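In the model that follows, one finds N-phosphonacetyl-L-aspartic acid.
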Amino acid sequence: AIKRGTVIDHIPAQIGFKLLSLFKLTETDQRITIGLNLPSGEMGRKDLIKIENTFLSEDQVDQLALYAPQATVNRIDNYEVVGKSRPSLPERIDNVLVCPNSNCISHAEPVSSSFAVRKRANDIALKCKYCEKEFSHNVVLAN
Amino acid sequence: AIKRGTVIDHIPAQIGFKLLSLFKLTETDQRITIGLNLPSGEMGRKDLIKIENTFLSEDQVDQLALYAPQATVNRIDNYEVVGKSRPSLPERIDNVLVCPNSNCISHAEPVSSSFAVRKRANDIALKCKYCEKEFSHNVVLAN
Amino acid sequence: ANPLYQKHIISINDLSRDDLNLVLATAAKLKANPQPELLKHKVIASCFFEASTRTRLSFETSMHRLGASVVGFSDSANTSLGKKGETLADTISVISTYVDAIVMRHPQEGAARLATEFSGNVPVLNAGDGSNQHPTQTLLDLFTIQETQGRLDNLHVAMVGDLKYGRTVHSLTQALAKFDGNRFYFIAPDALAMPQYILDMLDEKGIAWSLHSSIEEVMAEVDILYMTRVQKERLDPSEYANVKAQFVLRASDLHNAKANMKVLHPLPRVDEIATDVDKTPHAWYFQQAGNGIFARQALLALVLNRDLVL
Amino acid sequence: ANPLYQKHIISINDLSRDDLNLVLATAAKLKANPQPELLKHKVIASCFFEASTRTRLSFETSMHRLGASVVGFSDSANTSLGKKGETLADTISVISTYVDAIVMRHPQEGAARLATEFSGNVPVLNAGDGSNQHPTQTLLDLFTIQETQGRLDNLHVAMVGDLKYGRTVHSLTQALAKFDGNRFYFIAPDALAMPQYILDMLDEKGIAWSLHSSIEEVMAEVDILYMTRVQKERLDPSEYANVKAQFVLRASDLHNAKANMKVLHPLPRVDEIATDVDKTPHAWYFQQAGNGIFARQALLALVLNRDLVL
Amino acid sequence: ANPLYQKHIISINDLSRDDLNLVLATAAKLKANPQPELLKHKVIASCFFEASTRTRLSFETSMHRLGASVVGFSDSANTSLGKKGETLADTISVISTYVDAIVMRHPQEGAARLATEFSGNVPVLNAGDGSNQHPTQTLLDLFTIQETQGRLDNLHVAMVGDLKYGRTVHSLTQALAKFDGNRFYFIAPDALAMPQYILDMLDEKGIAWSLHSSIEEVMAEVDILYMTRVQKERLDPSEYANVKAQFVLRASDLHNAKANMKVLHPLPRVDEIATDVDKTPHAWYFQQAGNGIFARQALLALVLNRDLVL
Ligand SMILES: O=c1ccn([C@@H]2O[C@H](COP(=O)(O)OP(=O)(O)OP(=O)(O)O)[C@@H](O)[C@H]2O)c(=O)[nH]1
Ligand SMILES: O=c1ccn([C@@H]2O[C@H](COP(=O)(O)OP(=O)(O)OP(=O)(O)O)[C@@H](O)[C@H]2O)c(=O)[nH]1
Ligand SMILES: O=C(O)C[C@H](NC(=O)CP(=O)(O)O)C(=O)O
Ligand SMILES: O=C(O)C[C@H](NC(=O)CP(=O)(O)O)C(=O)O
Ligand SMILES: O=C(O)C[C@H](NC(=O)CP(=O)(O)O)C(=O)O
Ligand SMILES: [Zn+2]
Ligand SMILES: [Zn+2]
């Protein structure tokens with residue numbers, strides 16, 4: 001239990017490590033505590049990430065909806081939970097993903113990647129801001 | 001704080017996360033507890049990884065030597081440190097390293113990498129089984 | 001200011017039906033009553049990073065008919081991007097300190113969108129970005145469909161050939177979908193089919209579309225038969241089986257065609273339209289090409305002149 | 001059997017002084033008393049993946065002088081590795097089912113070592129692997145030094161030119177260091193210097209070496225002057241300033257040489273040895289080449305025969 | 001004399017079961033008891049007009065193991081056909097005045113047959129002609145099957161990969177069809193299917209074959225699993241979608257195999273057999289290659305000697 005910062009609770013299994021990798025959460029001097037494969041109650045098994053002295057905007061919290069929709073984000077101060085929130089699907093995913101169209105201008109030029117997000121038939125479709133092609137989020141890779 | 005398993009202590013800052021990638025440690029269903037940027041009496045800051053009911057492969061502790069020489073590996077059973085040890089630097093590291101000599105045959109062909117490792121002056125010199133070139137391990141750090 | 005004043009023209013997906021109708025109305029006006037000095041004191045860049053005949057020459061002709069000056073290049077090989085390794089971003093960052101608008105064609109999808117992020121207050125007009133969009137083609141296409149059918153709603157429209165890489169059909173299908181009651185027939189090899197993002201868009205809007213294996217199936221129904229060239233320069237070698245036109249239209253296939261039916265093709269054609277079609281009253285691809293002058297004059301007017309024309 | 005029977009010959013680093021002496025004594029006897037049927041019923045592969053004149057032709061001649069047959073290639077371009085994408089590993093895996101030994105030269109460092117992991121019981125002889133090792137060159141080199149100097153101890157040896165990429169001098173320096181009291185003079189451009197791993201070996205054996213910027217500095221002291229070609233096919237483009245020989249030996253530079261001194265060069269030379277050197281008593285690069293026959297015969301006889309009796 | 005004395009070896013279609021059995025029995029004896037002077041005073045041409053590793057090197061090694069000499073070329077580029085415009089006909093007309101037999105591989109179908117019309121009394125051995133025939137591959141193939149399975153009858157044989165352009169499987173299927181009760185499984189992309197002329201032959205002999213879209217469908221039933229490379233150098237550009245192996249064998253696919261099953265591949269492999277297959281008891285492509293020596297020795301001995309006595 002931390003004094004101040006953020007606790008990302010109810011992360012599904014095998015997702016916690018990916019979130020660390022993807023949003024580069026370990027690139028800081030702040031104390032981080034990670035529980036993986038912990039027992040839950042509402043979920044059975046879960047992952048858990050606590051980061052001291054670090055806060056997530058609503059947009060940052062929304063970026064998690066892609067990987068942990070049912071996650072809980074506790075903002076914490078003076079050992080107290082002073083705010084709780086849930087990922088709601090965001091309108092855009094910027095920077096972290098790589099457009100899978102090999103002929104897109106985003107690969108050759110000094111811009112950040114950017115995709116519009118939409119629900120499509122129990123899948124999430126990503127539409128590249130630049131080349132406007134659309135992909136299953138499954139086939140849009142990270143970096 | 002576990003019952004049976006492994007505790008890798010005294011991992012230097014910003015290495016703990018790199019160890020989880022390489023050794024695929026989070027690809028288990030076993031409970032894992034990770035502390036990053038933990039305070040240290042000996043080191044100031046350190047990282048720490050606990051894996052329940054799991055022990056390293058001897059290559060992993062061999063691999064552990066160059067990443068984190070000062071690291072400490074504790075074996076645990078019945079909540080007891082039944083085994084404690086410092087990574088022994090072997091003389092041969094196979095499979096995970098990439099020769100920095102771009103004209104080395106090991107790049108083009110289906111063989112496992114293999115290096116002869118010895119302490120040299122200040123750093124560590126790593127000598128390729130194929131091209132017979134020797135390198136500071138800082139050069140084999142990135143690949 | 002008119003709705004399109006100082007606007008980037010990148011994708012049909014960014015334009016409303018009212019925008020499209022505005023261009024068309026302006027096109028009619030300037031065709032009837034040319035304003036040879038409307039764009040006097042404008043200097044416009046024409047930057048083509050891949051090949052063009054119609055789009056570049058009609059655009060530059062349009063600029064001159066409106067009194068504007070033109071600078072640019074038809075080939076990137078002698079720009080500093082071609083020989084000194086300059087990015088496209090830096091290329092746009094400098095050119096946008098020179099001119100009043102940038103017309104650009106480029107072989108990578110999204111190049112035009114990118115340019116807008118570096119052109120500051122200078123509008124970018126997309127003359128084609130890879131297999132993505134071709135919004136000025138659509139504008140002349142719409143003008144042509146209007147001219148020959150009298151309307152843009154409740155039409156039967158067949159599109160034939162390479163629908164996957166046809167930036168023309170991506171833009172045109174999106175544009176026609178903004179009108180009511182239009183019906184689509186897609187005649188393509190499976191490997192070059194219309195992309196799912198287009199079909200999804202249609203389904204969402206409740207528009208009827210269907211896949212067909214032949215021109216003859218739909219010939220009696222169609223008002224517009226839009227033929228395309230296989231985009232061989234876009235093909236993955238895995239798709240090289242499709243280089244040759246799978247569907248060839250000849251004069252003989254036009255027997256049961258409606259008297260209103262026009263054959264369109266954004267051009268160039270290879271063999272997908274036989275020369276014997278040229279002489280038939282259904283042939284309208286050259287008329288169509290000529291309409292690019294009026295669509296492109298209109299677009300330039302609306303982007304560079306704040307007042308609606310008369 | 002003899003110590004070298006059925007052994008791979010990959011690197012000087014895996015050979016002892018006794019091994020080198022064995023090849024030399026065997027080479028002396030074969031030069032004196034030839035054994036034309038020694039390797040009868042042997043078939044040996046000669047597989048050159050980069051250019052060669054001396055190494056391949058002396059090797060194949062040696063096989064023939066001993067009565068063996070030869071198969072192989074001088075270019076990889078018409079092998080299945082050259083046209084059908086086959087790995088070197090699979091290539092060695094199948095050729096090792098045909099022949100009694102494999103002679104290989106290859107542009108990548110390590111190729112000969114790799115080959116040993118796929119050749120099973122078939123000995124591999126390294127005719128050169130990238131800029132790494134050239135053990136048979138060293139064998140003939142040592143043989144030539146022994147012949148002209150009467151010894152392999154207490155020599156003064158200058159090595160000149162491209163020492164970084166010279167597989168010739170990597171192997172030769174390692175060999176001469178297995179003997180006593182040798183002294184080395186390294187005359188090389190700073191960008192093409194002798195590699196540190198060689199120098200470290202010299203240090204941990206207490207062997208004297210020094211760097212010099214001129215042949216004149218050492219001419220009066222050397223027993224062997226070993227000239228090298230700049231290995232341009234191995235240079236990084238950042239090293240293209242060194243493409244031209246930095247040190248050019250001509251006949252006039254030899255005025256203060258020791259009478260017994262010999263000029264060696266593994267060949268080919270470009271400009272580092274002027275042709276006016278050829279007629280002097282010091283020139284010995286062609287006699288050295290000639291000695292490839294006896295060293296390579298010697299090595300083959302020792303690897304493919306359990307015992308030899310003079 | 002023996003049935004094959006002075007015979008051209010062009011196509012499996014011209015050979016009887018008895019002929020194939022003769023080469024196999026002869027290959028078994030030569031493997032057991034070698035005849036190093038069998039072809040003394042013979043000179044044989046090895047003329048490869050396209051790439052080869054195994055076929056050319058095993059062939060030339062075989063000639064040498066039998067005591068014959070070898071002349072020829074591995075590339076046609078420095079022949080007078082390559083530089084002075086000479087026909088293949090004139091080329092064969094003159095080489096047939098020099099040698100005792102001609103081994104030829106060529107990129108056009110029919111070249112070996114054509115050669116026989118110009119070679120007079122000099123036997124021609126087809127080392128591969130375009131995508132048509134590969135009779136010596138089949139000889140070693142049959143030898144390897146016989147060795148591992150104890151028979152050439154009542155086998156279950158899968159052939160996988162590029163069957164359209166695979167001269168290997170054209171010849172092998174024709175040969176195995178001369179034996180009784182064999183059953184075939186053809187696993188191939190539809191564009192690279194087994195040619196109809198092969199299937200028609202199977203039909204008119206009442207031989208069971210079937211098509212399958214997966215190795216798994218047949219793994220538990222097959223005695224021989226014969227993998228092939230996609231022959232990219234023969235593909236029409238319309239067939240470039242098939243350039244990549246469709247079926248990839250790895251060690252895990254072998255869990256339900258018959259214990260006696262062997263994985264064959266005429267080689268080279270690209271990706272159709274993963275390297276983790278190599279260490280399993282089923283991998284037998286290198287042993288198969290090895291057998292080229294004994295089949296090719298056998299064929300040469302039978303064509304150039306009237307009679308052989310073990
Ligand atoms: O620092 C730590 C270490 C471990 N844990 C561990 O987190 C787990 C959560 O235990 P909790 O009591 O916090 O919640 P819960 O399981 O009862 O209900 P849900 O979260 O499923 O809604 C427990 O296993 C606890 O040991 C932390 O919460 N913080
Ligand atoms: O199992 C552990 C061990 C240690 N820690 C955390 O590590 C911090 C260090 O407390 P420790 O006692 O474990 O180490 P140390 O201070 O003696 O320093 P070293 O010389 O051993 O490196 C503590 O503040 C605690 O938060 C854990 O969270 N869990
Ligand atoms: O190239 C085509 O087939 C259609 C279309 N054609 C044109 O715009 C005409 P042009 O290339 O001569 O300017 C295009 O997408 O570029
Ligand atoms: O090429 C050199 O300069 C030295 C050396 N030369 C030789 O071996 C002679 P060759 O290349 O003619 O066989 C080599 O490493 O290949
Ligand atoms: O090339 C193949 O894939 C099969 C077959 N392979 C061989 O004959 C082996 P090689 O080409 O090395 O002589 C051929 O038809 O040439
Ligand atoms: Zn994109
Ligand atoms: Zn290496």
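Sequence lines set the chain letters: A, B, ... in the order given, protein chains first and strands last, and positions in each chain run from 1. Hydrogens, waters and symmetry mates are skipped; everything else that's a heavy atom, side chains included, is used. Whatever order the structure lists them in is the order used to number ligands and atoms, beginning at 1. The entry is not shown in full; contacts are counted within the portion that is. The header says X-ray crystallography, 2.3 Å.
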Worksheet item: What are all the ligands or chains assigned to N-phosphonacetyl-L-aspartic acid?
Response: ligands 3, 4 and 5
Item to complete: Find the chain with the greatest contact count to N-phosphonacetyl-L-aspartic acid (ligand 5) and give its name in UniProt.
Response: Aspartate carbamoyltransferase catalytic subunit
Worksheet entry | Neighbouring chains of N-phosphonacetyl-L-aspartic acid (ligand 5) at under 4.0 Å, heavy atoms only | D, E
Worksheet entry | Protein contact of atom 6 (N) of N-phosphonacetyl-L-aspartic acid (ligand 5) - nearest heavy atom, named by residue and atom, plus distance | E/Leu267 O, 2.7 Å
Worksheet item: So is E/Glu50 close enough to N-phosphonacetyl-L-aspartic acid (ligand 5), meaning a heavy atom under 4.0 angstrom away?
Response: no
Worksheet entry | Option with minimal heavy-atom separation from atom 13 (O) of N-phosphonacetyl-L-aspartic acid (ligand 5), where the choices are E/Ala51, E/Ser52, E/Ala289, E/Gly128 | E/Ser52
Discussion item. Wondering about overlap here: which UniProt-listed L-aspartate-binding residues of chain E have a non-hydrogen atom under 4.0 Å from N-phosphonacetyl-L-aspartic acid (ligand 5)?
Written reply: E/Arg167, E/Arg229
Practice prompt. State which organism the PDB entry lists for chain E.
Written response: Escherichia coli
Fill in: UniProt carbamoyl phosphate-binding residues of chain E, heavy atom under 4.0 Å from N-phosphonacetyl-L-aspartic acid (ligand 5)
E/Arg54, E/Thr55, E/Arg105, E/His134, E/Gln137, E/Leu267, E/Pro268
Worksheet item: Of E/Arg105, E/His265, E/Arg269, which has the heavy atom at the shortest distance from atom 8 (O) of N-phosphonacetyl-L-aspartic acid (ligand 5)?
Response: E/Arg105
Worksheet item: Does E/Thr168 approach N-phosphonacetyl-L-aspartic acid (ligand 5) within less than 4.0 angstrom via side chain, backbone, both or neither, non-hydrogen atoms only?
Response: side chain
Discussion item. Counting only heavy atoms closer than 4.0 Å, does N-phosphonacetyl-L-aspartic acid (ligand 5) sit against the backbone of E/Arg54, its side chain, both, or neither?
Written reply: both
Discussion item. Using a 4.0 Å cutoff against the non-hydrogen atoms of D/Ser80, which atoms of N-phosphonacetyl-L-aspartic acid (ligand 5) qualify?
Written reply: 10 (P), 11 (O), 12 (O)
Item to complete: Answer with side chain, backbone, both or neither: which part of E/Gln231 has a heavy atom less than 4.0 angstrom from an atom of N-phosphonacetyl-L-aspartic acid (ligand 5)?
Response: side chain
Item to complete: Please could you name the atoms of N-phosphonacetyl-L-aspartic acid (ligand 5) that E/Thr53 approaches to less than 4.0 Å, counting only its heavy atoms?
Response: 10 (P), 12 (O), 13 (O)
Practice prompt. Please say whether E/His134 places an N or O atom under 3.5 Å from an N or O atom belonging to N-phosphonacetyl-L-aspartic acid (ligand 5).
Written response: yes
Discussion item. Tell me the protein heavy atom at minimum distance from atom 2 (C) of N-phosphonacetyl-L-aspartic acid (ligand 5), and give that distance in Å.
Written reply: E/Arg229 NH2, 3.4 Å
Worksheet item: In the protein, what heavy atom is nearest to atom 15 (O) of N-phosphonacetyl-L-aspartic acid (ligand 5), and what distance, to one decimal place, separates them?
Response: E/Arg167 NE, 2.6 Å
Discussion item. Okay, next thing: residues with a heavy atom within 4.0 Å of N-phosphonacetyl-L-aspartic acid (ligand 5) - which are they?
Written reply: D/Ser80, D/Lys84, E/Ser52, E/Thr53, E/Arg54, E/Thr55, E/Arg105, E/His134, E/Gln137, E/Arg167, E/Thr168, E/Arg229, E/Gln231, E/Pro266, E/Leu267, E/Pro268
For N-phosphonacetyl-L-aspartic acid (ligand 5), output the ligand-protein N/O contacts shorter than 3.5 angstrom; if there are none, return none.
unit_1                                      : atom_1 : unit_2   : atom_2 : d
N-phosphonacetyl-L-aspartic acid (ligand 5) : 1 (O)  : D/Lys84  : NZ     : 2.7
N-phosphonacetyl-L-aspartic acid (ligand 5) : 1 (O)  : E/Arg229 : NH2    : 2.8
N-phosphonacetyl-L-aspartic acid (ligand 5) : 3 (O)  : E/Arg229 : NE     : 2.8
N-phosphonacetyl-L-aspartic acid (ligand 5) : 3 (O)  : E/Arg229 : NH2    : 3.2
N-phosphonacetyl-L-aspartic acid (ligand 5) : 3 (O)  : E/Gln231 : NE2    : 3.0
N-phosphonacetyl-L-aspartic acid (ligand 5) : 6 (N)  : E/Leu267 : O      : 2.7
N-phosphonacetyl-L-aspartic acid (ligand 5) : 8 (O)  : E/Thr55  : OG1    : 3.0
N-phosphonacetyl-L-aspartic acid (ligand 5) : 8 (O)  : E/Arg105 : NH2    : 2.8
N-phosphonacetyl-L-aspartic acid (ligand 5) : 8 (O)  : E/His134 : NE2    : 2.8
N-phosphonacetyl-L-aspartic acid (ligand 5) : 11 (O) : D/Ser80  : OG     : 3.1
N-phosphonacetyl-L-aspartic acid (ligand 5) : 11 (O) : D/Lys84  : NZ     : 2.8
N-phosphonacetyl-L-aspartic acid (ligand 5) : 11 (O) : E/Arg105 : NH1    : 2.9
N-phosphonacetyl-L-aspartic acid (ligand 5) : 12 (O) : D/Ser80  : OG     : 2.9
N-phosphonacetyl-L-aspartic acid (ligand 5) : 12 (O) : E/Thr53  : N      : 2.8
N-phosphonacetyl-L-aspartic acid (ligand 5) : 12 (O) : E/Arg54  : N      : 2.9
N-phosphonacetyl-L-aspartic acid (ligand 5) : 12 (O) : E/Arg54  : NE     : 3.0
N-phosphonacetyl-L-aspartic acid (ligand 5) : 12 (O) : E/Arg54  : NH2    : 3.0
N-phosphonacetyl-L-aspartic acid (ligand 5) : 13 (O) : E/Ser52  : OG     : 2.6
N-phosphonacetyl-L-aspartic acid (ligand 5) : 13 (O) : E/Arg54  : N      : 3.4
N-phosphonacetyl-L-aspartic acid (ligand 5) : 13 (O) : E/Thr55  : N      : 2.8
N-phosphonacetyl-L-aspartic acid (ligand 5) : 13 (O) : E/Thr55  : OG1    : 2.8
N-phosphonacetyl-L-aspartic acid (ligand 5) : 13 (O) : E/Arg105 : NH1    : 3.3
N-phosphonacetyl-L-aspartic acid (ligand 5) : 15 (O) : E/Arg167 : NE     : 2.6
N-phosphonacetyl-L-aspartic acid (ligand 5) : 15 (O) : E/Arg167 : NH2    : 3.4
N-phosphonacetyl-L-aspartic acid (ligand 5) : 16 (O) : D/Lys84  : NZ     : 3.0
N-phosphonacetyl-L-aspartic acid (ligand 5) : 16 (O) : E/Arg105 : NH1    : 3.3
N-phosphonacetyl-L-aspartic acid (ligand 5) : 16 (O) : E/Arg105 : NH2    : 3.3
N-phosphonacetyl-L-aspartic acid (ligand 5) : 16 (O) : E/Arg167 : NH2    : 2.8

